[PDB]
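The model presented next includes simvastatin acid.
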Amino acid sequence: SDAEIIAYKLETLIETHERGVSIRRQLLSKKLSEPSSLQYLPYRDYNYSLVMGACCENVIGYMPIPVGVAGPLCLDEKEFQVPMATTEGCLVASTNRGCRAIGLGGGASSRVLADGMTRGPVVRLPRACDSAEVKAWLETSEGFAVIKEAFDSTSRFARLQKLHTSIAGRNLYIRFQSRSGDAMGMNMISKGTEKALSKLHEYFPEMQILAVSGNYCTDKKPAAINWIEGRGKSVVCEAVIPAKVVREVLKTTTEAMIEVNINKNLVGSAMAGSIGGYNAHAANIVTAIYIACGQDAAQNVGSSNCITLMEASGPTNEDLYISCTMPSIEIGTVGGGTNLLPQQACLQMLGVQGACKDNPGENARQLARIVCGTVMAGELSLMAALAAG
Amino acid sequence: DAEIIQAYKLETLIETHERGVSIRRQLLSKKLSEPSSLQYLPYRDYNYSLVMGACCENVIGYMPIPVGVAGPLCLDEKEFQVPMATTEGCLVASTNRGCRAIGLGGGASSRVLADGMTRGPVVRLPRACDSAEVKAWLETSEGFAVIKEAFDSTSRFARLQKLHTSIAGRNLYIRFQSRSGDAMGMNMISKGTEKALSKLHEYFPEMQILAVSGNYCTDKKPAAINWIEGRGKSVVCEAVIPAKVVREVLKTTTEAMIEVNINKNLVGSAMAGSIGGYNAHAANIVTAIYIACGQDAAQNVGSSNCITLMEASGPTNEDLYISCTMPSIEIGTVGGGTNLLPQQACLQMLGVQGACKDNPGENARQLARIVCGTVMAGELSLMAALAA
Amino acid sequence: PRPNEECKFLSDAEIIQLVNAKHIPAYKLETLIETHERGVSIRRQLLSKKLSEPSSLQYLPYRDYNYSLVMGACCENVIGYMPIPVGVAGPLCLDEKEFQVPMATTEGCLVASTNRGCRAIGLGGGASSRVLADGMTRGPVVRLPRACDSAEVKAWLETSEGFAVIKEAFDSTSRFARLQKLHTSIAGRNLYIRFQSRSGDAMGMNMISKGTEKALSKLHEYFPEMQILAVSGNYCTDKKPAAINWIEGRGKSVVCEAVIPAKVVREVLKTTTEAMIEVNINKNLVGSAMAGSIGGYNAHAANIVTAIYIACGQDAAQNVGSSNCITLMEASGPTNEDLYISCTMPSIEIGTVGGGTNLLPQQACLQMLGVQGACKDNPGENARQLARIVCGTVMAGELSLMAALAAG
Amino acid sequence: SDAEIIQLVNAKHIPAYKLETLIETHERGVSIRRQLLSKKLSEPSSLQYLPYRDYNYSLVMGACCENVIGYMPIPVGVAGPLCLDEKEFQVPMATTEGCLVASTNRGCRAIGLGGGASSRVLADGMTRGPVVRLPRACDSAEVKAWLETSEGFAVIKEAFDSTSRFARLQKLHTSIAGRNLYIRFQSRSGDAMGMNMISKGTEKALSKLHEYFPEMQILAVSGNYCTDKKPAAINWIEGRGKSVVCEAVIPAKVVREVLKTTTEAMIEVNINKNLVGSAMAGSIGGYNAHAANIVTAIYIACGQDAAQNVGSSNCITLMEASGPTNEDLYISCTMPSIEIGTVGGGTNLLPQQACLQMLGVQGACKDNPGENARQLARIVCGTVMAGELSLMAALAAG
Ligand SMILES: CCC(C)(C)C(=O)O[C@H]1C[C@@H](C)C=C2C=C[C@H](C)[C@H](CC[C@@H](O)C[C@@H](O)CC(=O)O)[C@H]21
Ligand SMILES: CCC(C)(C)C(=O)O[C@H]1C[C@@H](C)C=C2C=C[C@H](C)[C@H](CC[C@@H](O)C[C@@H](O)CC(=O)O)[C@H]21
Ligand SMILES: CCC(C)(C)C(=O)O[C@H]1C[C@@H](C)C=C2C=C[C@H](C)[C@H](CC[C@@H](O)C[C@@H](O)CC(=O)O)[C@H]21
Ligand SMILES: CCC(C)(C)C(=O)O[C@H]1C[C@@H](C)C=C2C=C[C@H](C)[C@H](CC[C@@H](O)C[C@@H](O)CC(=O)O)[C@H]21
Ligand SMILES: Nc1ncnc2c1ncn2[C@@H]1O[C@H](COP(=O)(O)OP(=O)(O)O)[C@@H](O)[C@H]1O
Ligand SMILES: Nc1ncnc2c1ncn2[C@@H]1O[C@H](COP(=O)(O)OP(=O)(O)O)[C@@H](O)[C@H]1O
Ligand SMILES: Nc1ncnc2c1ncn2[C@@H]1O[C@H](COP(=O)(O)OP(=O)(O)O)[C@@H](O)[C@H]1O
Ligand SMILES: Nc1ncnc2c1ncn2[C@@H]1O[C@H](COP(=O)(O)OP(=O)(O)O)[C@@H](O)[C@H]1O
Ligand SMILES: Nc1ncnc2c1ncn2[C@@H]1O[C@H](COP(=O)(O)OP(=O)(O)O)[C@@H](O)[C@H]1O
């Protein structure tokens, strides 16, 4: 009976997933200064089977995030209705206005420049001379192949690319980079890396593997390395907004937009000492789409890297040319939070849910292009509001 | 529903909020390649009244994020049950293990070092000589007083603490820093900044206000200025984990934890060219708590700034001393997403919901201390897993 | 060559043999030998043996140099001097004055290029400059038993009464030592304190270090458990790139500006205002952004800073932070024909008194600019003037290089 | 006579910088320029102490400097011997900062008594990062992809490699910013620092690229993506010039007797100053105590480009407790971007060639091109380590 059972060791004891959640809440309530705190924290009628043992632990319910829609987004001759999970007012409306200006401008074009999730472990040799020897070995075409072999043998999608190594005395940081089908790829690349390091330990028995991640990836921390070499998907997007569209939809001029972009996104960011933060609010857009689509929201740290550029275009130089370059969009359409039904619905809205069996990785690339496009719409709108004052 | 279809202004016309959403979902399905997708996106039985006109537009439903609990967190002689909204496996469990090690260690201590949300507008003058003149005026006690007088006149909770100005030729970037009670403060600081710039314009007519935000705040973009001068709440957290607790709960040694922290969080981050990213995964913890508590998750960019330090402690130097310093936690307990009931529930769990009537700001400071403490628990756990 | 027992005025070969035998270190040759140049000569001969090529030094000068000013002040184990070609760029029309700028360098085209830049500025009606801030810094690192204690010290240092006792201790060390403010940063139980103060006409490193040591003693009386780990915890920050110098400044923060008429851009610079602007934005702003630069938003300010620093006896290693600069260009005038240019340098570490400025040749270069030594009437004015000159010369240099990049 | 030549100039019929070609002797040209400059000064006798007599200006005029009015004497001191890679070096240091040479000398002493230092060159390649523009981001994206294929690379490599004897194009790193494309060219350059050589190779390579993409606009041969003489994370992360690492172990006894401190005190200072302190200051590549002091002193003495001390001084200094009882001091210095050369520029002058000869690296290495420059870079990293050891000890000893 309910009261007779009277934490994580609940789903294993009982049988029904919701029962265990309900018991944990009642248990928790006794340990709080306000037992009625959880009154308004919903938990009923939720599919906990997909969550248990894959996405969360010690579950006591779920947090509802308002989902809005911005669009249509005219990108690469297609139209997208973009789902955005946010609690910030004006965000969805503002982004929507941006999409409008792009559509009335003939749409936006985007390109995926690079694709590759990374993992940067740190190993240490007894002496720097030894670590230097390993670096040189890793750089020989013969040393690389054996490493790519041990790395690729862990998965169908594990296809190791370039190897970026860096030395700090007897320490050696190795940045592994590989595609990962339609998955964001963190778990996959970690597995490949472990196998690859094990193989390297056989050639250099004196090598000590200090940590599978030595912050050289770099994952969820700001880093110049992600900005300069990319991580995940590097994307670029562009569009031209007609002078009339800038005055009527955005309520400003091409000249004012350009002056704000240069002195805010370029000079202002420079004065603030920014690395990769040469935009107005890409993070707002990235975060909203990530939460709605089951992405890892903590990856918004590097995923939001962006340089927004604006310039006079057209016959009379009265048209607004805009481009957004995002070198490190960490994203996926398979695994993690994308395995849940509500987030899968948002992914389906964009036509990128799950794997693309015929062209592996295409769904994730499409999603990355959508994010870059939506960021551009968001940048257009906020810059206009700042310019119009 | 029939010929009602004959846009965002639905609840502006129709009666029920849930009906206005149902209809918006119907209008949208006609533009989708897979109209059946919306079937799994919930929307039923949710208080949209609090959302409409405040937190979101063009609403088509809501996204459920699994909420887990980590704790108890023994911090400043209190115990906290920490709500974490996440879809990443092992996160809540790992953080929970970290809390365990801290409690068995006698708990953690934290201090709020600074408190002040910022806004950094960019203005321009005719010549660099003029912008230099404005900078000099702004740095006098008389000049600051008038600016402060005008800034503080916009709110009861808006109190200008200082000004930091930088010029770039004829451009002048002014960083306004102010307390904001229990609110994260962006809107409040923006209002005060507009009023202050208006007053500055009266002293310098030839001044052009280019943008209320010139990226000098800096908001939601990585910037050395937030790391060096702070933004929102600057917090420091510490704890000592006994040798046996490291061995038994964390499954490693103090020596291995220290070697991993130095070569990963310090040297590794240095090699990667990081500014403010001298930690293992503070962003994971910050994000999870932010989503659960109705914070602005996009502020995870600067809020996650953290330097994790580990040292040998005790009589025999077998104990693990750990500290986490987070100079820029942007947080609040009133307004924005904290106005919604489910997120208010998570805030209530921590005893920091809404405004602290007695001492405005105490709830937000408490929440910031809780975040720094939870990050430290998270850092302990992940470093242990990496060392082992 | 007399025996060692028999051995001021002797034979060179005899001194050498004495050095080898009594194992006397070469650096004692100044306080053992008669004329200054002989001590050097002997050391050159002493070192000449250790070389795989004994005749290496043959072309390294040493004769006819004032070693008295150098010994015990600017260099040790002296074996001669390195001649750096000095060129002149000018006149530089700045703040309604004209300057003939000395530049020590071995890089071809630098002086010529900078000279062309000065020409364009003069024909443009000159340049205007302003000193925005002045204050050398030192950022020591101290430790407390706990983060809670370091937090307590930070709060204490932020009270008006706490700051006053520190300021009193700091200022009691020198006439020009005047503590301006305190920026304090915590990293767990560690506490980094950035001291900032004016220093008359001196660059001020030694002076600020002395003040800092005294102030930390006073602080130690209030917090006996405080451990002073290092008088410099890299929070100054001295001779290393750092966002803190860029954002808060160090030494002298300066801004310079000038408008180059379209006519002058076409004829002297061989390009257009539009091309210059496009190069500046995509190189100095966007390019530097893509490269992950902090404070390097310019074309080659380091070239100019270094050349003037070596010629004027400044500390050339300080070129690391001193070269921080953001170069901005934009359309100006009736028909947006003219080129508006500005250079903002937040951290020029400079001085006209002390260190290498005490030597005669570099004093000559300082005299050329009218800023040699201390300003008796207005302490610090000579150093501020020199900083303004450097910013102005950098702008001239930026104009010229940008033009060469834009044209061809 | 001089009086006559001066009156001719004050007639506007000669600028003043035409003297070397106008006159016969170089030194007299300098003398006349000095007299002319004197009348324009608020204090005419100010040049009194600026030397100029008896200096081989032939090697300078037309190659190293313009409008020459004399020379600036920089005191040269010697630090050593530096026990590095089983060799001994007497290191020349041009400086006006007191205690620098002495301090570095003490550092060398501690290293020698510890069994010497070992160093390795990890990478070698000068760079140039021009910026070009295409009509659209889609076009710049197409060029990036093209440059990434084997065909496009070989074509660019061939054109680059055809400009010089040492032009051997390696990796081609590229970055896009909308319709802008930044291309980082990297190549070895024998024993030369290589700026001019790489610039020449870059110009032709861009010509060849223009034939395949006629709509491409070459905005600047240098778009600050090299990056030359400005602080940049790209040089720290990918290197520029020579990447070097050096290491040594100092016995507990030597740390106590020579450095006047303990290994424990050293380690605590290094971590909290060079790592944590630099982190708090927001440094990129400045994880050392004073590598710039050593780099600058050696650069000036050896005819290097002193302005390159901006990136050349990038360094991470690491210290660790080593040995039987963990009382021995292990130290390492990693410098990813030492821009250096032993041929060309200021190294063409006799006085600086003398300093280079002192180290045995003057000019070209006939047998193995580049070896002299690599040796010099190793010497710089080693001397930096000796300098780091000494300053850290002084900071530790209170
Ligand atoms: C800070 C600028 C501004 C316009 C005053 C502001 O408050 O507008 C709010 C309220 C309303 C007016 C309209 C808006 C339109 C678009 C955006 C979603 C914007 C919020 C932007 C904010 O989330 C991030 C910025 O602070 C980044 C920056 O530009 O520095 C939002
Ligand atoms: C990060 C490498 C590692 C430990 C193999 C890993 O996969 O552990 C996973 C699974 C399990 C083992 C235990 C864990 C404990 C704590 C964390 C929530 C961790 C996920 C880390 C990830 O969210 C970010 C890191 O990649 C950041 C970094 O340390 O560079 C998580
Ligand atoms: C920068 C490339 C370029 C213009 C082709 C070049 O070789 O010009 C040389 C030779 C001659 C043409 C004219 C010049 C004019 C002005 C400067 C002193 C320049 C050399 C600058 C160099 O020392 C640093 C740059 O490389 C910095 C940058 O990236 O802009 C110098
Ligand atoms: C900053 C150190 C200290 C002790 C205050 C100082 O004045 O020592 C001077 C005088 C004497 C004591 C011994 C010394 C030994 C070695 C060096 C050449 C040092 C000058 C260092 C200075 O040129 C750069 C540092 O300031 C960098 C930093 O550590 O932040 C020099
Ligand atoms: N599923 C989980 N949910 C929450 N916390 C967990 C979970 N699994 C482990 N933990 C935490 O991690 C610690 C590890 O203990 P345990 O799970 O028994 O594993 P171990 O074999 O490492 O001892 C526990 O003290 C608990 O706080
Ligand atoms: N204790 C409190 N602290 C802060 N704001 C409070 C408090 N009590 C009430 N408020 C109200 O809440 C407002 C802050 O919310 P909001 O306008 O959304 O701005 P912000 O962007 O700062 O959250 C204040 O202007 C004030 O009217
Ligand atoms: N050899 C040089 N030495 C010094 N300055 C030079 C030299 N060559 C050119 N300059 C500078 O460049 C400017 C331009 O002169 P020049 O190159 O002859 O072109 P033009 O005479 O066509 O304007 C001169 O006013 C001078 O400042
Ligand atoms: N003027 C100097 N020139 C060169 N080296 C010096 C000088 N002063 C000190 N040293 C270095 O310091 C070492 C010894 O330090 P210490 O025992 O304090 O004696 P002292 O300071 O008299 O040399 C010497 O071996 C030498 O490397
Ligand atoms: N061993 C060598 N190493 C380098 N350069 C050499 C060598 N032998 C001859 N050279 C010549 O010297 C040139 C390098 O000097 P220079 O053109 O002044 O450029 P930099 O000073 O920028 O390296 C090479 O392009 C080549 O013509």
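Chains are designated A, B, ... according to the position of each sequence line. Note that chain A carries the PDB entry numbering, so the residues on display, from first to last, are 463-468, 478-860. Numbers in chain B come straight from the PDB entry, and the residues shown are 464-469, 478-859, in order. The residue numbers of chain C are those assigned by the PDB entry, with the residues present covering 442-448, 460-860 sequentially. Going by the PDB entry, the residues shown for chain D are 463-860, listed in order. For ligands, and for the atoms within them, numbers begin at 1 and follow the listed sequence.
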- Query: Which chain letters or ligand numbers go with simvastatin acid?
  - Reply: ligands 1, 2, 3 and 4
- Specify the chief binding partner of simvastatin acid (ligand 4) in this model, using its name in UniProt. 3-hydroxy-3-methylglutaryl-coenzyme A reductase
- Using a heavy-atom cut-off of 4.0 Å (strictly under), which other chains touch simvastatin acid (ligand 4)? C, D
- Can you list, by chain and number, the residues with heavy atoms within 4.0 Å of simvastatin acid (ligand 4)? C:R590, C:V683, C:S684, C:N686, C:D690, C:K691, C:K692, D:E559, D:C561, D:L562, D:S565, D:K735, D:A751, D:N755, D:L853
- Message: How far is atom 26 (O) of simvastatin acid (ligand 4) from the closest protein heavy atom, and which atom is that?
- Response: C:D690 OD2, 2.9 Å
- Which of the numbered atoms in simvastatin acid (ligand 4) are below 4.0 angstrom from a heavy atom of D:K735? 28 (C), 29 (O), 30 (O)
- Task: Look at atom 4 (C) of simvastatin acid (ligand 4) and say which protein heavy atom is nearest, naming residue and atom and giving the distance to 0.1 Å.
- Result: D:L857 CD2, 4.6 Å
- Message: Strictly inside 4.0 angstrom of atom 9 (C) of simvastatin acid (ligand 4), do you find any protein heavy atom?
- Response: no
- Which of the atoms of simvastatin acid (ligand 4) are close to D:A751, meaning less than 4.0 Å from one of its heavy atoms? 27 (C), 28 (C), 29 (O)
- Find all atoms of simvastatin acid (ligand 4) within a distance of less than 4.0 Å from any non-hydrogen atom belonging to C:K692, and give their numbers and elements. 27 (C), 28 (C), 30 (O)
- Residue D:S565 vicinity, atoms of simvastatin acid (ligand 4) by number, heavy atom under 4.0 Å: 15 (C), 16 (C)
- Query: Does the entry name an organism for chain D, and if so, which one?
  - Reply: Homo sapiens
- Below 4.0 angstrom from a heavy atom of D:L562, which simvastatin acid (ligand 4) atoms are there? Numbered from 1 as shown, please. 18 (C)
- Item | atom 1 (C) of simvastatin acid (ligand 4): the protein heavy-atom neighbour that sits closest, reported with distance to 0.1 Å | C:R590 NH2, 3.1 Å
- Distance flag for atom 6 (C) of simvastatin acid (ligand 4), protein heavy atom under 4.0 Å: no
- Message: Please list, in number order, the atoms of simvastatin acid (ligand 4) under 4.0 Å from a heavy atom of D:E559.
- Response: 20 (C), 22 (C), 23 (O)
Give every pair formed by an N or O atom of simvastatin acid (ligand 4) and a protein N or O atom closer than 3.5 Å, one pair per line with both atom names and the distance to 0.1 Å, or write none.
residue                     : atom   : partner : partner atom : Å
simvastatin acid (ligand 4) : 23 (O) : C:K691  : NZ           : 2.8
simvastatin acid (ligand 4) : 23 (O) : D:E559  : OE1          : 3.3
simvastatin acid (ligand 4) : 23 (O) : D:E559  : OE2          : 2.7
simvastatin acid (ligand 4) : 23 (O) : D:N755  : ND2          : 2.9
simvastatin acid (ligand 4) : 26 (O) : C:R590  : NH1          : 3.1
simvastatin acid (ligand 4) : 26 (O) : C:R590  : NH2          : 3.3
simvastatin acid (ligand 4) : 26 (O) : C:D690  : OD2          : 2.9
simvastatin acid (ligand 4) : 29 (O) : D:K735  : NZ           : 2.8
simvastatin acid (ligand 4) : 30 (O) : C:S684  : OG           : 2.7
simvastatin acid (ligand 4) : 30 (O) : C:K692  : NZ           : 3.2
simvastatin acid (ligand 4) : 30 (O) : D:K735  : NZ           : 3.4

